[PDB]
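Notes on a structure featuring darunavir.
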Number of protein chains: 2
Amino acid sequence: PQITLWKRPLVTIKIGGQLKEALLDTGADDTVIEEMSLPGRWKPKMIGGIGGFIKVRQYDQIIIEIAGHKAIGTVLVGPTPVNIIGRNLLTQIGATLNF
Amino acid sequence: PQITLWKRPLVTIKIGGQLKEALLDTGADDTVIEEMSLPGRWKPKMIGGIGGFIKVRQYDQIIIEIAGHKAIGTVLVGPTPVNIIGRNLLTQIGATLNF
Ligand SMILES: CC(C)CN(C[C@@H](O)[C@H](Cc1ccccc1)NC(=O)O[C@H]1CO[C@H]2OCC[C@H]21)S(=O)(=O)c1ccc(N)cc1
Ligand SMILES: [Cl-]
Ligand SMILES: [Cl-]
Ligand code: NA
């Protein structure tokens, strides 16, 4: 698709068999989702955003569908205000910015 | 251009007579620039992201040149860690996300 930006670029994602809404976020290096259970081990990570830094749980090699496109990669879990799809998975679904 | 997302989508902007580097950020509703002076009136605002909120100054009807394309709109000024071009100005330069 070609998504304009007059509204937030929200899409449906599917992770752990559950549908969620997430924001396609070219300003995010990494994908960060609200608290949920994921399989396997996690590693610590700190990410910094507009109000400061937060701790998240880093899960690698997680299967996630984004707007109908399959991705398998790193998902950070923590107190993000909205689910955000960052560049690590936007590249997997072939997304580009165009103007 | 077409900008891939392997790296942060940074561009040069011109604002208030100054050249700055900024991030093309589809996850940002509004444009937020590090501290600088701008002409005219402003009003205080709080904006929130990962990490919490910051206080900014809201200036309306500001012209910015973004990668060579002129746009006008609201610019928030305050202690953001990165200059961000948000959707309010991305729309004006015809930016889309494509996959
Ligand atoms: C979290 C989003 C809903 C909103 N943010 C835009 C987002 O693109 C920020 C934009 C951003 C970018 C760098 C630093 C601070 C904020 N990215 C971000 O927090 O990404 C974090 C996850 O990946 C990491 O890579 C970047 C920092 C980490 S925001 O910076 O909080 C913000 C909120 C409101 C406005 N008007 C403008 C920006
Ligand atoms: Cl605006
Ligand atoms: Cl349009
Ligand atoms: Na003004």
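Protein chains get the first letters and strands the later ones, always in sequence-line order, with residue 1 at the start of each. When a ligand or atom number is given, it counts from 1 through the structure's own listing order. All values below come from the heavy atoms of this structure, side chains included, with hydrogens, waters and symmetry mates left out.
The structure holds darunavir at ligand 1.
In this PDB structure, the PDB entry names the chief binding partner of darunavir (ligand 1) as Protease.
The letters of other chains with a heavy atom under 4.0 Å from darunavir (ligand 1) are A, B.
Darunavir (ligand 1) has no atom lying under 4.0 Å from any heavy atom of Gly86(B). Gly48(A) O, 4.1 Å is the protein heavy atom nearest to atom 21 (C) of darunavir (ligand 1). Scanning the protein for heavy atoms near atom 10 (C) of darunavir (ligand 1), the closest one is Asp25(B) OD2, 3.2 Å. The entry's source annotation for chain A reads Human immunodeficiency virus 1.
What sits closest to atom 17 (N) of darunavir (ligand 1) on the protein, heavy atoms only, is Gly27(A) O, 3.2 Å. Among protein heavy atoms, atom 13 (C) of darunavir (ligand 1) sits closest to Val82(B) CG2, 3.5 Å. Scanning the protein for heavy atoms near atom 16 (C) of darunavir (ligand 1), the closest one is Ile50(A) N, 3.7 Å.
The heavy-atom binding site of darunavir (ligand 1) at 4.0 Å consists of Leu23(A), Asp25(A), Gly27(A), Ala28(A), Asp29(A), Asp30(A), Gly48(A), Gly49(A), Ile50(A), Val82(A), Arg8(B), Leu23(B), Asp25(B), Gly27(B), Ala28(B), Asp30(B), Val32(B), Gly48(B), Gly49(B), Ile50(B), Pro81(B), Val82(B), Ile84(B).
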